[PDB]
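Structure containing bortezomib.
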Amino acid sequence: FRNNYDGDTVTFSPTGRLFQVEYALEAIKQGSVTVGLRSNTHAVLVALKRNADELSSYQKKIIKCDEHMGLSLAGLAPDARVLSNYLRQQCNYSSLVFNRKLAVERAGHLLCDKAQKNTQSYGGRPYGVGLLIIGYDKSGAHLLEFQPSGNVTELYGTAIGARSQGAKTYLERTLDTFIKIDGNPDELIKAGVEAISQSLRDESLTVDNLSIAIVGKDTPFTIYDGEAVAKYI
Amino acid sequence: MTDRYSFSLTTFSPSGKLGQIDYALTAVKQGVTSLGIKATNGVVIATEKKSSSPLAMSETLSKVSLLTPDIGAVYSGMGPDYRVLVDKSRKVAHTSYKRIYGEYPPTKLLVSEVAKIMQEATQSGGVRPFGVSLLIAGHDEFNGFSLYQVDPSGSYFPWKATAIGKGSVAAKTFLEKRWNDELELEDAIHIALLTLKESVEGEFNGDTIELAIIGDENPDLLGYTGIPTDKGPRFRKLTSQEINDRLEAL
Amino acid sequence: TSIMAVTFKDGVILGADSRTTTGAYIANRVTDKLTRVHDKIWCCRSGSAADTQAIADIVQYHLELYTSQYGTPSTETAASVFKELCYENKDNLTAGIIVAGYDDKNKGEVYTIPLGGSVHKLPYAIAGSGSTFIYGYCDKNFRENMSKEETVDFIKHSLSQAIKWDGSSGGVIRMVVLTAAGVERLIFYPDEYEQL
Amino acid sequence: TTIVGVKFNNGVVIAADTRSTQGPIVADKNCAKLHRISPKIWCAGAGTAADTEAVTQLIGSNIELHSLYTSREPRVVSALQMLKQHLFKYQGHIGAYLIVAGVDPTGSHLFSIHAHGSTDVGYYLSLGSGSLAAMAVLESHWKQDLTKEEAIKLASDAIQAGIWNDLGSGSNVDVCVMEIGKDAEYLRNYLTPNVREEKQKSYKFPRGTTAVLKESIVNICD
Amino acid sequence: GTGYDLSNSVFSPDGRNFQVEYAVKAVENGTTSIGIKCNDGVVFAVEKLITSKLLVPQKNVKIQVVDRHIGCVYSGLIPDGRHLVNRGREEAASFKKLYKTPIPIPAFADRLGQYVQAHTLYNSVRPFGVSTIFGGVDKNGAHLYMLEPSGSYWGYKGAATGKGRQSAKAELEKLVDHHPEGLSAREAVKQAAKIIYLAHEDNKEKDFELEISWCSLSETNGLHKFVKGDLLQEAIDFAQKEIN
Amino acid sequence: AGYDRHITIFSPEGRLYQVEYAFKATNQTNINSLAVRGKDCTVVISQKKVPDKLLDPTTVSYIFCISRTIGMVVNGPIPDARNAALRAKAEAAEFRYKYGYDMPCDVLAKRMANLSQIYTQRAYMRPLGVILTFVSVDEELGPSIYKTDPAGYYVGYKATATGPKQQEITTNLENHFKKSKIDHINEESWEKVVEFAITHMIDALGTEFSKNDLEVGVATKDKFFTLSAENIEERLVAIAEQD
Amino acid sequence: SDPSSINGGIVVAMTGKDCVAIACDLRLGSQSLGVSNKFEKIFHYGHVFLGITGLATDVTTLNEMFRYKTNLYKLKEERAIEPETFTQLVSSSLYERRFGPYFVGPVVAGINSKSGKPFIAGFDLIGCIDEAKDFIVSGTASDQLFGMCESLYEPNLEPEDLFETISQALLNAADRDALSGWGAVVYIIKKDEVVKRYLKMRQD
Amino acid sequence: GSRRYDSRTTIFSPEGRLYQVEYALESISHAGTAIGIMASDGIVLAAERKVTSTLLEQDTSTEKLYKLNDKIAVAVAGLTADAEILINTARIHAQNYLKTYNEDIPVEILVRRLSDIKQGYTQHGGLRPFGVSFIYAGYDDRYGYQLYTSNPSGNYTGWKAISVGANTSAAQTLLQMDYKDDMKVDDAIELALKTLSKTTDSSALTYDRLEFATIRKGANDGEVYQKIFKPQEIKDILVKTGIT
Ligand SMILES: CC(C)C[C@H](NC(=O)[C@H](Cc1ccccc1)NC(=O)c1cnccn1)B(O)O
Ligand SMILES: CC(C)C[C@H](NC(=O)[C@H](Cc1ccccc1)NC(=O)c1cnccn1)B(O)O
């Protein structure tokens, strides 16, 4: 069975599965946990950064795409660099040609279509990364989940990576509370840090261990690391 | 999309055989017998019209094709493979010869071109060799009358007489007994008809048998008059009636 | 050249002179400038003989391919194909073309395509070197919903005036009648139209 | 150059003069302006000599391949279409001006093609610098329903108009007759009304007249 | 031997293309979607499985418009469907550009068809992992189509695909029999809502969300529009009541 | 070794399995068709089977109008059929543009057989699992039937039949032509020739047809067209007033 | 400006009784300045002779090109190219450069080895074939050559007579052309032998 | 995809040999033997025609000996069709050289080029190599008479005497024994015929089973002549040497 049908992305299994895509999905699960959630005014990303040694840096998980849009990554970091870069260009093209900030929904559809092309052609490979995209556009705050299969979903909240199921159940439980946490950035982040701590096991979330991002109403997408995340530990 | 078969499909096996060329020749062996005989004043090529239905009109499928006014072809093996080789042979006779010296190529050179097209199918990426052997007969001013065999490998050899396909070994033997260097064209047509009767199972008449010659110029077949140096093609397909006439003196 | 197409009650008529010139020499005096691109879609050609023919041949090809896949094309679709060729190749073409067609749902329709490759849908249209001379006459004499006989007469008189003044126009007046009935070829010789 | 084409009741006839010029100079007193596209489609050419020979041979070749491919006799409308589309592609730069005529399985045909790629149909046509002399004759003597013989006369007369009145034309008359049921007949130097009169003197030199400096045998063999 | 099912363009000894048949499996594994043709238009509806409370309601739109007059819905690999619709949109733009008129639905059907069939001609590509239900109104009425991973498509009175295709097909067949005189736009919408609720039983474990769109000559002028608010809620009720 | 059965290269026996399996695919649809020549027409009959009640019967067809004069019936899966139909249309339109006359039936046939031959030789292309029957009244050869298969083979027919029950029809027709001694049906009108074809479809298959079980294409001088359900019924009524 | 008038140069060919003759001048100039008096414009491939007038660089190039093609021809055909055939090879080779032509006036002379029939032909720069039965002329003194030939020539001359004729035709045409002369060479081609003679002429 | 069916014609074996070259060489070893012998006043090429029949026209035939130049010729062992592809490019290269420098191509330059073309098929492009071995016989004004050999690897070497094709080892041993540097062409002719006569896998060595050629400075010229022996000429010279 499986061994005969997982050679490349161009091959269907007898049950209609695409194993190379499923294998790409496994790189996400092995990635460090990251969380996203939003109110009607703001959207927040929280990520647990991973290090190699205690002598190593913690590898960055949050990339900015435009002044109103950015993302967190779980999986193969280079693939996130390629995809965030493409998104950066699309965000950019919309501004130059149309003097228009790209709709987060529209960015969603673009990433879906780009990933898809690599799931149907020979010699290509699926992307091995999951992405959480937050933004503030003409219809307010937004959060998106991107899967290397091409599936993009709009959500109030979610988490991806190792042990991500913890935070996901927390957010599902908290839903009615955080959706209302309007006009107060520090409280939405607090709910996000509380979500991400439901996925801790190994160690605690430290000062150079945390990464948080925020966008909204009158707040351009900004990255917080180190000392600047201290008031959330 | 895009042909990503940029590698040879014919390669050498440890014994040194080229598998696909062998297998193509095997396909040729299953094909209906065809033959050629070279007389002093002409060449004859013949084969059997092995119709695939009595509902089919066997005239709509010619196995003997004109390549230039002085050159004709016949084959044994895969019919469709032959058809496209005829299209290509006819074209290359123009692009590589007529459009350059204002005359049609001599037989050996047109053969040489066909052979190259077949050699390439043996080496290029993503193709299989042609599943045919051809017999090409023709005339030219400086070489006179001449018969050639072309095989799936792209090799060709000149013949006094030969046969290919199904009953070739028997027919080749029958030609070795009957051939001499003093044969008039009519005599050769006679030998051809005898040789082919051993191969044909069913009916043996001008409707079943397809036969063509390279003989004298046919000014009646030219279509126009007024240029002395255009004296008419030497290639002539014999009619059903012309065959039956010679089957009564058989 | 003098060419026109007129919509009336039953359909549409196409008219043309028969003169092609190289300078002041009449290279052809019996030219057919009324060209068929489909059973009931025709065009009037003016400008370069080579350009208009090559354009007309391309359109006929496209519409035949259209019919094989989709069924009878609308006159508007025919005009669109013409336009696309004339517009996209405006720098290397000298083609002034009138498209007229009969359709059962739109009766008779006329589309004019002048030099730059713009499209204009009109009740009637005139074009060619000779047309300049009948802008006044045609504007004063055209009515909507005329009868066949009336329309034949309008084109006949109009083109004879154009033929009279324009050296690039002349020969015979040709017409093509497009209705539900059918396609009818009309021809009128100098001895008739000159004395109108 | 003067080339004409004339339809008759059962076919078509074409004819041409035999003069070629560069500036005021007659380069060729007897070139052949009649070309065979296929055995029953012939072509009269005017303009640039290399160009009419080339365009005629190219389409001839391709027509031949089409015929073999389709098992059909070539049609005049095919040669017409292929020539016009070729000339059109070269915007005029290929200086071929052609009267194309022939018989095929749809009847008899007569067309003209100009260098930019426009085609015309007529019962009678002429092209070349002699075009106006010849057309004047055609416009004067043509009628519908000509016999083969009346057509040859009409065509041949048209070229004579060109030969005598146009400095661009001269020497001889070539004709080709294409009749619906028959083989095309090509009739090279049908008229030769311009035979040079006998010279007044022979200019044959006494041997040794020319001074030679040096001599040697040339090797032709290998 | 075997291995006939490992490469896309390969014929098995019985003349089948197993890779396509395998694509069909991914389709059968998908959400159920449907189309109903009515007296002057077409209605599309689909089941959206609510994986979580966290999925923002009404947001993750599945029905897709092509040009102004064509609706498309599909079951199977969602991205594969978007790819097909992307192509359909290019396919239609090209047609409108040259011919000025908007693309007829039969014409558009073949555009998709030929494209999908192209992905069964080479081993360097994979067949499409969706069946697509699409249609609209043109010069001569309403048209409804369904297109399979093989590139096969036909016109349909009613059509269904995905998990609950059998329930839906059974429900569709009854309508054809109890209404030979031709359904109306408004009725076909209520009916659409019902049919999805009834194929939802084949997956009754996970909640779901209803999505409906329509293209009717009298109701939408010919244009493809989404069913929203009052008309959606009215359709939901009719189905919620006919489930009991 | 075992890959000689996956792409179109020779087997040790000199055979092309992928071509052979393509021939197998042609019968997937379980539909039979036949073609006969009249005095000045050509008729194609093909079974029409609409199993699902949900289908729009008017869109279920294996007959195609290639050009104003050429019709083509296909035995094989629809997506491959339509692929071949699209190509033939395009090839027919292009021929007319380039050569200034309508593409003959046999010439288009040769052209499609050539494309099919190519899939037989080049590895990256699969054969189309279809058989194509082309029909017209050729302006030179008169009524015409030419048929092409996935082997790239093609020939002209007096009459022909294609599908699972091909042989039944073939032998039926073969017997008629031994009897009649001529190479067409002696009938002046296309209406009677359609009737003859339906009659012999009934005898050879041993099945009766309603107006919705058949599909008919007729080719006359300068048109090829297909009959409506009601045009068929008129043909079915006429045969019954005799049996 | 005119690439046909930079280097200067004439070639002329005539038919006789079972013979042909081809002649050229020897000048290679650069406008008014004479550069070389040894520049031969006649070449031969087997028994087929070719003279080229015009732009010297193209004269040289075309010779090297025909040597190349006739060598290949002979290898494949296993026979020497014939005058008729070569004429066709020249034509198609020139027309191949239709819109970027070689600035030359080629001239072919020879006797068919199979038929004994004398053959000459001339070409324009784009390959149009002029196949005269009497004489062909080419170069910056072609007007003068046409005049000399049209008077001096008569049919069926014997090799020794034809020699005298063609030499006078060339010499007297050259002396009325500023860009032709500086020596002259004449080939008398018979089936069997080919004789080559350098003429004495004015060196100004 | 395609990768499945790729034989990978240009990889190394674990032992560092090229599979396809070796198998091509194996094919060459079954081909009619060809012999080249250089003398002081000329060169000899001889070759055994593999498989013959009464009906094979030998007068029109050529399968082993090809003229490349007026001064260079080759003997072929292997696939004739493959050889012709190579022979034709070799003729072109010679003419390109002649046009560039106005000198006939030195023998090695041509040989190196042909050998380079063969080498390429060994390192890139995923095609099978040419199943050909060449013996080159030529003269030039730098080195005089030369004899070279190239095979499917694209390696080439120079020899006083050599053989290719079948039974080379036996033939090489025989040439090593009887060859002497002071040899004349006429003695070389005899050596080549003896050697072939002693290694045929046929009963006896008749004229109809041979092709013969000499490159001589034929002393009366003070220029080099390629003589391709006609069938009668072989029959004569076979009698003189004493084989009848
Ligand atoms: C459409 C064509 C056939 C009719 C007339 N065109 C020509 O006669 C044109 C010149 C012209 C004259 C007046 C205004 C514009 C262009 N003539 C040609 O195209 C022409 C003439 N001789 C040979 C080939 N083509 B016209 O539009 O006045
Ligand atoms: C078509 C040919 C055969 C007939 C006549 N043409 C010529 O004589 C043309 C006149 C011409 C045309 C364009 C540019 C320069 C010169 N002459 C030549 O083509 C020509 C050919 N070879 C040598 C010298 N001149 B004509 O149409 O008056």
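Quick note on labels: first sequence line is chain A, next is B, and so on, each numbered from 1. Every heavy atom of this structure was used, including side-chain atoms; hydrogens, water molecules and symmetry mates were not. Whatever order the structure lists ligands and atoms in, that order sets their numbers, starting from 1. Contacts here are counted within a displayed part of the entry, not across the full deposit. According to its header, the structure was obtained by X-ray crystallography, 2.7 Å.
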Which chain forms the chief contact surface with bortezomib (ligand 1), and what is its name in UniProt?
Proteasome subunit beta type-1
Q. Which other chains does a heavy-atom search at under 4.0 Å around bortezomib (ligand 1) pick up?
A. C, D
Find the name attached to chain D in this entry.
-> Proteasome component PUP1
message: Quick one: which UniProt active-site residue in chain C is closest to bortezomib (ligand 1), and how far is it by heavy atoms, to 1 Å?
response: C:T1, 2 Å
Q. Within 4.0 Å (heavy atoms only), which residues surround bortezomib (ligand 1)?
A. C:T1, C:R19, C:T20, C:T21, C:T22, C:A27, C:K33, C:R45, C:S46, C:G47, C:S48, C:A49, C:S168, D:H114, D:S118
